[PDB]
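Residue numbers begin at 1 in each chain, while the letters A, B, ... track the order of the sequences. Both counts, for ligands and for their atoms, begin at 1 and track the order of listing.
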Number of protein chains: 2
Amino acid sequence: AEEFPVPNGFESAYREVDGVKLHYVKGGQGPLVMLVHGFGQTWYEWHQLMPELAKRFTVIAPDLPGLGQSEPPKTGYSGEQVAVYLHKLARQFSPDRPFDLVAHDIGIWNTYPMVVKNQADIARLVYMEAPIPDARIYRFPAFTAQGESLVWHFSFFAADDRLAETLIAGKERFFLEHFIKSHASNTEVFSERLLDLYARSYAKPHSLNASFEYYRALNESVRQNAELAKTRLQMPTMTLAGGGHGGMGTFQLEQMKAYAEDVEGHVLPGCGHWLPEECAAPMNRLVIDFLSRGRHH
Amino acid sequence: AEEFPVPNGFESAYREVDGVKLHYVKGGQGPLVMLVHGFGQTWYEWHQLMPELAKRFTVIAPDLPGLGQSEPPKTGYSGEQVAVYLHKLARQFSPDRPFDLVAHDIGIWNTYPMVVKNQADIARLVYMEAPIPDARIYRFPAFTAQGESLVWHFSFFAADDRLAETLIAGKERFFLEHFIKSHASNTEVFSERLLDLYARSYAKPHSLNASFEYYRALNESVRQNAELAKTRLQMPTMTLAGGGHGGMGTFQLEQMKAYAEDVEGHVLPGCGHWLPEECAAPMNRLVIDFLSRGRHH
Ligand SMILES: CC(C)c1cc(Oc2c(Br)cc(NC(=O)CC(=O)O)cc2Br)ccc1O
Ligand SMILES: CC(C)c1cc(Oc2c(Br)cc(NC(=O)CC(=O)O)cc2Br)ccc1O
């Protein structure tokens, strides 16, 4: 069974990595690029970019552990633990050559440690729409002069006693529509049909729980990254962020400058958090062009 | 029926104020002291203090509009709008003398405008455990290195789509217990019976909504207060705050120093946010002593 429609000419399959069955969608030929989704979504956020990249690359888009059709992690949900699964998965498909990495939202949290620990394995890097977990996250406001803060959910999801699962169970579809639209500028792209697809996936009880465990592990990830960040990234890096409602604006590039020696950043006007769907044309173009500076076919 | 047991020597009663039926509990003899509760609670949080104060003062403890047994406001939930109801209620019982005001939590938000605009009506002021709404609240962090913030609910409650009512309905007791305990040092004072009573009251659909409408009006309250604060408070003021887990610590007095000419403050070690219940004896002592410096029975 498939939760989301696979693009024509791609395959949906699984690889067991360290005892965990990871779902991925793969297509194309050439050097490998791995696309890693974030919270509220699955590999499917990349389904418009995938066919375009597959003209020049082998493209793989996994479901994060516990989300989509991937089994929960057996170790834990901190960035360093999850990154092991992702690094090993990618290296199964590209054992002898570096691969490219594109990550959105908590995809960043779940890949940063494997990038810094295996720099030679990463040719080029694109990060969009989430802070790397570090002390900067403790400075985000709980409440703003415009109202509902964009990261209040960090505390909601991290709260003990399964506060978030308990309140959200049975109302997953309602909650996700609010969360997604509240973080968007171009809300019109989030049709009821599309929201139904994403909600059905994260409503699986293990997936709802997994979602929140990433936040319960956030402070551990921050502690992990305080050590890891002693070495700056050396590979070409690009950041993207939305400049509209819900977007991170200038924060993305500014933080990345502290992490990377070679970084270019873009803020996309009139686009919020959900770049691949809110602003498919300019986002896809930026990603394709950036990755095409390296060898492809 | 009554939602909470009325102390001997007191009466549960109602008054119409600008077309809104307000509930209160009243007893005692002497000059008037009005005690105003906050979020998650009702007049009943004052039930231990009331008998002691009633030896020296006439004591009135209203339910905030929409909460407890009080009708919702017909104007709105902003601080300036709600304060009109509370000011006029107090003046119905103390038309010829100033009265004292003690407020906890959002009782502060709902009284500050009438205090600054009618200073001749306020003999002495006691504020505990909430910021006066101003730009300071925009600095509180969304997330902490120890986990959930004490104020992420500002955004949860202010959010549109009736997010809070929709998620909390059917789980009102569960949520309130979590909220109370996360802001408490001394959780033992919150018996199953006490939590049941508070949960049942705010679970009334108009009360659950009313609760959150206070937060949906918070930015408006901040804008209102930016103008009102041009005039400093001149009456003798005392602040109280908890020094333990869940408490506001030095913030209460330090903020008040910017608003009031004559202020003294105390921080109570070993006490959290819910001062009248967690630390009834020393809080009661401090309030009774401070108010008893003025004229009484
Ligand atoms: C990942 C996702 C949910 C998301 C998080 C966001 O957090 C931020 C917030 Br709130 C506020 C700021 N600006 C500050 O000045 C805060 C500070 O550092 O003091 C910066 C950021 Br970054 C914003 C958008 C967004 O889509
Ligand atoms: C009323 C209630 C819900 C509540 C609100 C609270 O908010 C906060 C407050 Br106040 C002050 C700070 N920070 C400082 O004092 C540091 C400084 O400003 O120097 C941080 C926070 Br977070 C805390 C406890 C509490 O129980």
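The drug occupying ligand 2 is KB2115. Here, the chain sharing the greatest number of close atom pairs with KB2115 (ligand 2) is referred to in the PDB entry as CFTR Inhibitory Factor (Cif). Other chains contributing a heavy atom less than 4.0 Å from an atom of KB2115 (ligand 2): B.
Measured on heavy atoms with a 4.0 Å cut-off, the binding site of KB2115 (ligand 2) is B/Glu129, B/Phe140, B/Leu150, B/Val151, B/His153, B/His183, B/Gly246, B/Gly247, B/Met248, B/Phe251, B/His273. Close approach to B/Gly247 involves these atoms of KB2115 (ligand 2), each under 4.0 Å from a residue heavy atom: 24 (C). Set against the non-hydrogen atoms of B/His153, the atoms of KB2115 (ligand 2) under 4.0 Å away are 3 (C). Here the protein heavy atom with the shortest distance to atom 26 (O) of KB2115 (ligand 2) is B/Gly246 O, 2.6 Å.
Nearest to atom 9 (C) of KB2115 (ligand 2) among the protein's heavy atoms is B/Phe140 CE2, 3.3 Å.
When only non-hydrogen protein atoms are considered, atom 22 (Br) of KB2115 (ligand 2) lies nearest to B/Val151 CG2, 3.7 Å. Of the protein's heavy atoms, at least one falls inside 4.0 Å of atom 15 (O) of KB2115 (ligand 2). Ligand-side atoms of KB2115 (ligand 2) in range of B/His273: 1 (C), 26 (O), range being under 4.0 angstrom from any heavy atom. Among all protein heavy atoms, the one lying closest to atom 17 (C) of KB2115 (ligand 2) is B/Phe251 CD1, 5.0 Å.
In this structure, the protein non-hydrogen atom closest to atom 4 (C) of KB2115 (ligand 2) is B/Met248 CG, 3.9 Å.
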What does the contact table look like for KB2115 (ligand 2) (nitrogen or oxygen on each side, cut-off under 3.5 Å)?
| from | atom 1 | to | atom 2 | distance (Å) |
| --- | --- | --- | --- | --- |
| KB2115 (ligand 2) | 26 (O) | B/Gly246 | O | 2.6 |

